[PDB]
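The following structure: rifamycin SV with DNA-directed RNA polymerase subunit beta.
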Amino acid sequence: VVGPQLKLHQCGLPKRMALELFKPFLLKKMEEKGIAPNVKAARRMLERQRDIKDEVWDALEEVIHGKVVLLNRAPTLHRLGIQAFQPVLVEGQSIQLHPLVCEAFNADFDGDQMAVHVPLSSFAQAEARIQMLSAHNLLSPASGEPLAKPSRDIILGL
Amino acid sequence: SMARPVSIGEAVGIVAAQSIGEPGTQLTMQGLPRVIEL
Amino acid sequence: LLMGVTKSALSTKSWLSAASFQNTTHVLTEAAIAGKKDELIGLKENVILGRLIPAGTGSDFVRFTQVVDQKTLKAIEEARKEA
Amino acid sequence: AXXXXXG
Amino acid sequence: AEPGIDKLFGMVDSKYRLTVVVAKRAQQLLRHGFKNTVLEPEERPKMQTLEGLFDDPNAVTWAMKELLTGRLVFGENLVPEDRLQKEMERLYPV
Amino acid sequence: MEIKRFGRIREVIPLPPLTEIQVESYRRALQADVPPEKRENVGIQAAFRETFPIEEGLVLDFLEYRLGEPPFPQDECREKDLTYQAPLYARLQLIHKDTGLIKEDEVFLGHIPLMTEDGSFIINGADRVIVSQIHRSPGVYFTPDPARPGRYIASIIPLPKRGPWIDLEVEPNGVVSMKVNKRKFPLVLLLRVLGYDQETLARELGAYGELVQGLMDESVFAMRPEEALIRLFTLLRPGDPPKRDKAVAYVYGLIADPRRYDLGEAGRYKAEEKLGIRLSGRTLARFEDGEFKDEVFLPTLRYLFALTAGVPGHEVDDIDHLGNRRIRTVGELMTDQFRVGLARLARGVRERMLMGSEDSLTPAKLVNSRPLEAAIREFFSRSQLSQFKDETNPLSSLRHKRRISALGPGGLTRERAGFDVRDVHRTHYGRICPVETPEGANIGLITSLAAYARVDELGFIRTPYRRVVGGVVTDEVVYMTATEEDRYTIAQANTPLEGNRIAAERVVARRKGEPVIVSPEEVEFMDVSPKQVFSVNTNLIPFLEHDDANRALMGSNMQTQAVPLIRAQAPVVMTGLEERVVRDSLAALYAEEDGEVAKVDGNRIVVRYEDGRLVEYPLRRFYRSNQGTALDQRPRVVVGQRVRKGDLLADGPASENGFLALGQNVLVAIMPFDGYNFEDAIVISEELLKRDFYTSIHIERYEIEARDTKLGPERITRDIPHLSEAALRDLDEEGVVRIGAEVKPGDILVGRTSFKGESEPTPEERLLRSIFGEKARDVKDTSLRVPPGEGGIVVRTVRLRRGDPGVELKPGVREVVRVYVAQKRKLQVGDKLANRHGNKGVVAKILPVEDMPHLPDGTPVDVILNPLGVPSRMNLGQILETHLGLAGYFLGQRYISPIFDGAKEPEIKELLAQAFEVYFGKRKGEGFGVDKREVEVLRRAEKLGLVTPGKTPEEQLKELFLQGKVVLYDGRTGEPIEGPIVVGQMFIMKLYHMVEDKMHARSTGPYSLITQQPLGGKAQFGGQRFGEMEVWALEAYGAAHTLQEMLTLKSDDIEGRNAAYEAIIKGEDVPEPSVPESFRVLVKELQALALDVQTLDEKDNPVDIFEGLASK
Amino acid sequence: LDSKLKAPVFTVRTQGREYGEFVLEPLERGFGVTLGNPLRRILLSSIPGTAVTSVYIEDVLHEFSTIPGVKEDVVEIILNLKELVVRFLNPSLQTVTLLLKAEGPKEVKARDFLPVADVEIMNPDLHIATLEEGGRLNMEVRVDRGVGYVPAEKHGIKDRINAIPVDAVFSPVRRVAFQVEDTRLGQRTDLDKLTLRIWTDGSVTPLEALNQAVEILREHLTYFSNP
Amino acid sequence: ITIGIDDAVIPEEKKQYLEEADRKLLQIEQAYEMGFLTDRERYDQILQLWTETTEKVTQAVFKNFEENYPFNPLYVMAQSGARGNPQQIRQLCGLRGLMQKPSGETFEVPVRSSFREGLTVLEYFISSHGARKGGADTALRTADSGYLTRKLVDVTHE
Amino acid sequence: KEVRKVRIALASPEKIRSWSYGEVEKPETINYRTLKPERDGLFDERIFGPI
DNA sequence: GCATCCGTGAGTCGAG
DNA sequence: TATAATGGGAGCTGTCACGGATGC
Ligand SMILES: CO[C@H]1/C=C/O[C@@]2(C)Oc3c(C)c(O)c4c(O)c(cc(O)c4c3[C@H]2O)NC(=O)/C(C)=C\C=C\[C@H](C)[C@H](O)[C@@H](C)[C@@H](O)[C@@H](C)[C@H](OC(C)=O)[C@@H]1C
Ligand SMILES: [Mg+2]
């Protein structure tokens, strides 16, 4: 679904998706605070949905801070089929995508789906952030020309 | 992509293949068969 | 000798790559007879083995780079000045 | 069933 | 875009070298509990929580900023590995 | 409200029963209502007639059959997971030749599934539709030789798996060659075997260009039919001894055997018409008076040489022509499999006749039903043409039944399918729809039967045409095959008529598909209606003439995906076909005769007719469809109401007062909104969720079995080890969740405890056990729990148990428990909406009502569509629908605008004018003049050349409203949108692709057995696939460690993934990954292939990746 | 159903008297633009300020005429006069006529205007005109108190036959830009964050400007009192 | 910015260009009658005529837009490059144009209707051939494209 | 050590016998009752390993 | 030298 | 643990686009 509000480097990530994706980190940061005595307690606490509480969301927000995920839309035709975005927790089950990268994925809003991957180590996260960040690739490795550029509504208004 | 010198270690082959392949679905069936022929 | 992309692919040195591409029986038998070794020069090979590919952050060129702060650098410098 | 998603 | 990314791409002969530098530095910071940081207290990256501002938990952010401050030395064959390990352990226990 | 209809076209005949293809095909096949002596030879009757009599000596013969009554009714079959079917009994008589002993008995042949009223089947509890198949009609064809331009290829094709194709070709050397079973041999030889002599072929074929001399061979006529036969047998059968009777038997089996080689009745007729001859049997030759006699080959060779010579009255054939392509319906397919099974039964019967007691044998002791049962069952369960029913809405089922597939057994294989097959042939007109098909791989291979189209007894598709004699159009209708259609000049249906007479001097018509302008003196026939050109889905798109064919396709397809809504409405602009579709799908309940309604209940409707009889109609309520949509009927009448014959009683699913309801009529504004509708995304008003527009009920089935084990029995129980009362709160005494309890992910639907596998406690477990002093229980908790992302209210529980009346399960299973969970889904971001014109999008934003663009009178709009979606796609139908929709919004009336005959611009403008009066004159009467904002907007529109300068504000507002545009205020500002905006009612549907179903994520989960990699699918809580192309992506980015993570740490490196997880939860960075298990598997597989895979170092000295475990 | 709401925290960020940023968070859904738009309208349109309405220059017949001895044409001087920021220290004073006389090789700035009682020139270094040898400039400018923006052709005021009406920019506010960003308090992610940005000429500070704006609005809410 | 049905503007010039065309058609027809032109010659001439006519009415639509209605939504979206190209817009306000037989041969009788005026059943069915062929093209070429990409990757990957 | 190379070659019958932990002399898989591997069968624990 | 035969290829994720 | 019994059946059909091997 298109977020208009997203900065070029950002993507809307559903809360539950992020919770499950980042789950070990969330357990760790839950033990770091007083939310749970230990890891296992935290996991058993997250297992049921009616056991979920306010503090855990702020905890998750602390967890994902500075981190990025990878968005990929099949088919991946060229390098930009995967791009790195800083996740922003959103209400709803839909992933929010930034308009300018659409042309790069050949994505539109008619019901296309995308996949999220979480790079784990410091190395992978560094690679993602420096090399694969959407805002960092502005030009076609193919033609050299601009890749993320105004289209549709934007060009219209301007 | 960066409009500057290529960084050593950049994998060129995959980039070339992808760059040639991506527009391929915009060519019909002298078009795509000519490309494959070449 | 000019050969098309497929034959050129199958004709490469790395038998892992050729075997992953196509004509698996042919490639593999011709590799087994001659007792071929795969030096793992290309990407596909190391991908199959699950190693760090020889490109980007996995290129020998930039991968051995070290980083150190001036404090620790000078401490180690004094350790070197002692001996 | 395929293309951009009629069915 | 990562803050001052252009300068970082300027610092190195290859972008991937920058990547390796930042990753390694970040691992150092994680392992030594941030004690080894070259950043003054006022330069510390901040995460804004419910209570107030706190230290940014993200190691990579730190490493990139440290790198921007020019207070780091990066290159091949600076010091033998076990020596660097033992020394960093000496100055900053873990 | 008043429904105003447009159009001047008068339909002579209505649409035929839409399911007639299915129902009439199957009925024709079974003849269950026909008394045995009156049965025509067709279908299973014909199968019996072919198989019997059986010889070799004893003789088993066929008399008649009978089909009994179903052991269980349809609903009961659906619930008990049975098959709705009737017993098949067969009267046979065993006859000993010598003894003269005759024994007559009725043997039980197993069961034949019955077709339900709506034209579907129930197989093993599931609703299945048998999809009719399109193929190449049997007969004789002549097609141009691709290599040799001057020459041709003759082909003789029988029914599928009814025996081999035959190719007659004139070779470069001059001899005429025949190809059978991929064997080329001179046709002369076969001609000699048939008993032809050189004289006969000389006088018959002599008139030609001396191609006949290529058929002239002296060595062939130098041998009698016997010698020629043995010669041919030696030619076709290398290594097989050339015995006389064996040769006669083989060649007879290949050519003259009706039991083996069979042309269709279609092939019969077609061969007759093409070759200009008359066939006795359905074979190519006969065995008569000890020898062979030729029916076919000589006429065929004659026509071939006559085509080669250039003789007038001889032509090639179009295999894409619908005169040359036919349809095998349900009955023909089922009968085919029945014939196969019967053949197997005959083989078994003979085998049983050879040995065994030769005195005492009965038809019961000879006949085993097993092959026939296994055959029919194979067809209904595993055939590609037997398909899980599409139940999404009634239109889905109806369309599914009308599907024409080129795939399946004997049919085409895609990736083998060319462009010519997928093309729309000129003869598709009135027969197969040019529009409705898939976008993807199957395009042109799967199609839809046209609305007025019919399938004849021969299996060819026919379309109706009105007779025209001397410029007078009669009411006499004639259905034609494409071949017969080619013979006439057929005028278009929109051509002017005064009374029954053609009112135009120049009339548009067709000759062999080619458009031609003729005089009324020349017109033989005229189109029944434009409706006949398209399918049922396509016929539901109003203003279709304004839509590009591709978007028409998209909308057409998309209607099938419409989800039944609790509030669902009929479209404001209909095609007039909305009612028939509901009526034929048997979704809605109707009145059988005239009468009075005695009772009205939510569960039932009781009706007294003129017959004085009380007929009670029960209502299906909240049943789960195959696609999970809730199919329920609701009563539309009241106590005492008088009802004539055919009046509506209960409203089916996706139906409003008898009209087809696929969605809601919402008030739309077409303007860009803050990038929220960017790239086909859609913005909706929260007022839609408030009043429950686009809200749908969905039901999901959960099933669990408790069985007997060698470790002890599983049991459904409320007693679950290590669980609190908090977790057992909603569980009843037996352990089954109660009806009406709300269940969320993690909840227990059904409790179950399984005896633990034999377990050696790890030392830590033993020590901890000593510390807490608690016995380790013998049973563990296997209880069926609500999957992630699922949940709802529990509306039903079914419990079956072994040792209970009427209940027997599969061996080893003690009990089966089912829980039905229904959830009520509102609309939410990520759900897919679409119109009928091919505009499709996902709701990207739900704004509060105050943010929504509104009319001057304070009325907000439900949906904001993006204008950018219109021009590129070229579907203008939605625009007109919107305009007329605006009119209908203010006049409070709906419309019917049939395709190609419908409301045109001027009439829409009149309606919009009246609407303007209602929308404005009221306001003037209310004592409110023109707003300042309306002045600004009017200045703008005046600059845009939209309105004529100098007019009063009211006049210009009317001018805009007539163009379908109104003044709109932005809800956030209060300022007007600088231009006037197009606003109006549009019919939009909620498609079955819903974000609630599709969203999934996983950290860690189950892994595969051999590969040790994460499972696929959301149901399995598996991971996303990172494929070759994603790997290429990462490589091009040159992210090495990310890629290495994907290849190792995240999947299939055991030690690595365990270590990584432990590290992350500990707060430690992830460890260096190791060798992925799938490579170890590769190595071992290669070793199993007798190849040695050695991982070395740079020293060429072996490195052991198995860590010694594999080496002695 | 049962609702809790905390009073938002007003955040101020100011650079000199020329600019400021204003952040109000958290706000209830939709209330970002509910307060935002009105204040924008009120700020630009209704905030009290001073402008140059009319100007007379000796030996100058009309607006597009050229002045011998001066490089800028009359039009360019009128423009420079539009950017003059004049502050009235006395609330009683509705109008002033500022006289300026100069000649010779000198570049006239806003300082050269002869001082008037309770009239402060905020931008004395502002450029008006440059004169060469033999060039003369004799002018009188009419400064009135007013609100918003009034074009010359709208007021059409003249003290003299040769006096030229000038488009009067009264608004001390040069620009208002506001944006509402989604921010979260605890569980709810949609809660509104209002960020407001205001430009001024220095005569009235942005904080003063916004306070005046909310006062005008609040007073209007009292107009619903007595029928 | 919006789209009403009146926003597709059928130029007057169209009618003229049609009548003239008809006239020329007749001329060519006469040329066939007396045997000056062969069948294929006449066919080619008619095709050329209709091609040039189509071009002409496209230019007529766009000139009408440029001069008379510069802010007309179709024209705006086209010119800005936000949506649409001259041919599509021409189909909207102009004539639909020449149509292909399933064989690839072109019909002599072009659709004279815009999507605004609306097509006639025979016209629609005539066009469906083209639509189907195009759609099948799109569906079939994805596979071969993919195959090519894979071959290229495998040959260049080291 | 680090793996820098991968070699493939024809395996000698002696090498094949060297890999093998035993010969499978029986077609049997597991027992129809105990559901445990048979002796000298494809699943035998004697050869391939402990379950 | 040039017709002819046999084997091997023929897009991606999703659900199934 | 003993009349004598002595050569099997099903094929399965609208793809090219070929590559190198094999054949007058
Ligand atoms: C048993 O057949 C299976 C495949 C056999 O293999 C193959 C090789 O032969 C066929 C035949 C003979 C067909 O006609 C197919 C067909 O018409 C398809 C798609 C296919 O792939 C078809 C296949 C094959 O792939 N397109 C449609 O039908 C479209 C135009 C409308 C209906 C869509 C709904 C969603 C379905 O109807 C669905 C409810 C379900 O019924 C099918 C998905 C069914 O799956 C099952 C469980 O029944 C398929 C067809
Ligand atoms: Mg899409």
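In what follows, chains carry the letters A, B, and so on, assigned in the order in which the sequence lines appear, proteins first and then strands, with residues in each chain numbered from 1. When a ligand or atom number is given, it counts from 1 through the structure's own listing order. Header lists the method as X-ray crystallography, 3.1 Å. Below, all heavy atoms of this structure are taken into account, side chains as well, without hydrogens, waters or symmetry copies. Only a slice of the deposited entry appears, and the contacts counted are all within that slice.
For rifamycin SV, the full set of ligands or chains is ligand 1. At a heavy-atom cut-off of 4.0 Å, the other chains in contact with rifamycin SV are listed as F. It turns out that no other ligands or ions are under 4.0 Å from rifamycin SV.
The site surrounding rifamycin SV, defined by heavy atoms under 4.0 Å, contains F:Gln384, F:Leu385, F:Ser386, F:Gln387, F:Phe388, F:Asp390, F:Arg399, F:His400, F:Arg403, F:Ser405, F:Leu407, F:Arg414, F:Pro438, F:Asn442, F:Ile446, F:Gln627.
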